[PDB]
Participant: 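Sending over a structure as structure tokens; questions will come in a sec.
Note that the numbering runs from 1 along the sequence shown for the chain. Atoms within each ligand, like the ligands themselves, are counted from 1 in listed order. Just so you know, these numbers use all the heavy atoms, side chains as well, and skip hydrogens, waters and symmetry mates.
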Amino acid sequence: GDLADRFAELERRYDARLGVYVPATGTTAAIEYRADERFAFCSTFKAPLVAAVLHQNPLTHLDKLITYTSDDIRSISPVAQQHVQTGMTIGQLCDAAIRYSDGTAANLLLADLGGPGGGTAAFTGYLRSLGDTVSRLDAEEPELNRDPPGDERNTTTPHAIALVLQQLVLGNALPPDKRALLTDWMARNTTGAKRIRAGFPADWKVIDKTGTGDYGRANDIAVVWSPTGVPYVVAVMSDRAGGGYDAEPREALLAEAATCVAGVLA
Ligand SMILES: *C(=O)/C=C/N[C@@H](C(=O)O)C(C)(C)S(=O)O
């Protein structure tokens, strides 16, 4: 048969555009579907953002206390809005940014990278350093989730983001100790149970970072491990450009796409 047909059938059924990339491995071919089309990052950028902060600092930096006010809560911040009085360490912010997709935490981590545009230029530079000539981040939370479909700002490609995550989690872009921190935060993500996780059998490990936004945007990037401990990177991205800015994102589309991918990999 042809996996591409079955992805196209998902697009028809969900009235959505779907993007998939699984890098080839020692024993498997790549899986690609619209893998070089652009899709908005949404909150999926927070995994490589945490990697950028890790990369650029000794681990003692994770204890640096960042202070902020209620006026800094400008996006959905489940953790940060309950710590305005005490503030949050860079480590706590990393934790929140990944595991709770904390917007304010992401904005504070961007500010930590520093430079023009509140850290957005710095973030894009980190991606360039990892060989990503495609992806760009141009806005903070929450604006980065809400560009129209035709806007290249704040976009990546399944192919590009997959190769970034491969390096970070399974490669040598980070030293082992920084890598383990990123891996753990993603492994204990709380937002992802209905996406790639829901497409893989329960004896597979899944670590992930979700993203959600306007025009029906639903993304998930994961690293999965087979029951024998063989790893693969899975990037799935979707949107519904024809359904209006308020089109409903479809978690089940990512879960079904992931099921298709598990069938190939198992
Ligand atoms: C991260 O992926 C997304 C954060 N926020 C978005 C979401 O759908 O959760 C929005 C579009 C609501 S954000 O307020 O722009």
Participant: Report, using the naming of UniProt, the chain with the greatest number of heavy-atom pairs under 4.5 Å to ligand 1.
Facilitator: Beta-lactamase
Participant: Return the drug name for ligand 1.
Facilitator: sulbactam (bound form)
Participant: Which residue owns the protein heavy atom closest to atom 15 (O) of sulbactam (bound form, ligand 1), what's the atom, and how far is it?
Facilitator: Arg146 NE, 2.8 Å
Participant: I want to confirm something. Looking only at heavy atoms, which of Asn145, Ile76, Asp102 is nearest to atom 12 (C) of sulbactam (bound form, ligand 1)?
Facilitator: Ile76
Participant: Looking at sulbactam (bound form, ligand 1), does any of its N/O atoms fall within less than 3.5 Å of an N/O of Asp214?
Facilitator: no
Participant: Please specify which residue and atom carry a covalent bond to sulbactam (bound form, ligand 1).
Facilitator: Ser43 OG
Participant: What is the closest protein heavy atom to atom 6 (C) of sulbactam (bound form, ligand 1), and at what distance does it sit?
Facilitator: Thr212 O, 3.3 Å
Participant: Polar-atom distance check: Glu141 versus sulbactam (bound form, ligand 1), any N or O pair below 3.5 Å?
Facilitator: no
Participant: Contact between sulbactam (bound form, ligand 1) and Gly213 is defined here as a heavy atom of the residue under 4.0 Å from a ligand atom; is it met?
Facilitator: yes
Participant: Can you tell me which residue and heavy atom of the protein come closest to atom 4 (C) of sulbactam (bound form, ligand 1), and the distance to 0.1 Å?
Facilitator: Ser43 OG, 3.4 Å
Participant: Find the residues of chain A UniProt lists as binding substrate whose heavy atoms come closer than 4.0 Å to sulbactam (bound form, ligand 1).
Facilitator: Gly211, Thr212
Participant: If you draw a 4.0 Å sphere around every atom of sulbactam (bound form, ligand 1), which residues of other chains have a heavy atom inside it?
Facilitator: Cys42, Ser43, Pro142, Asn145, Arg146, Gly211, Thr212, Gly213, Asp214
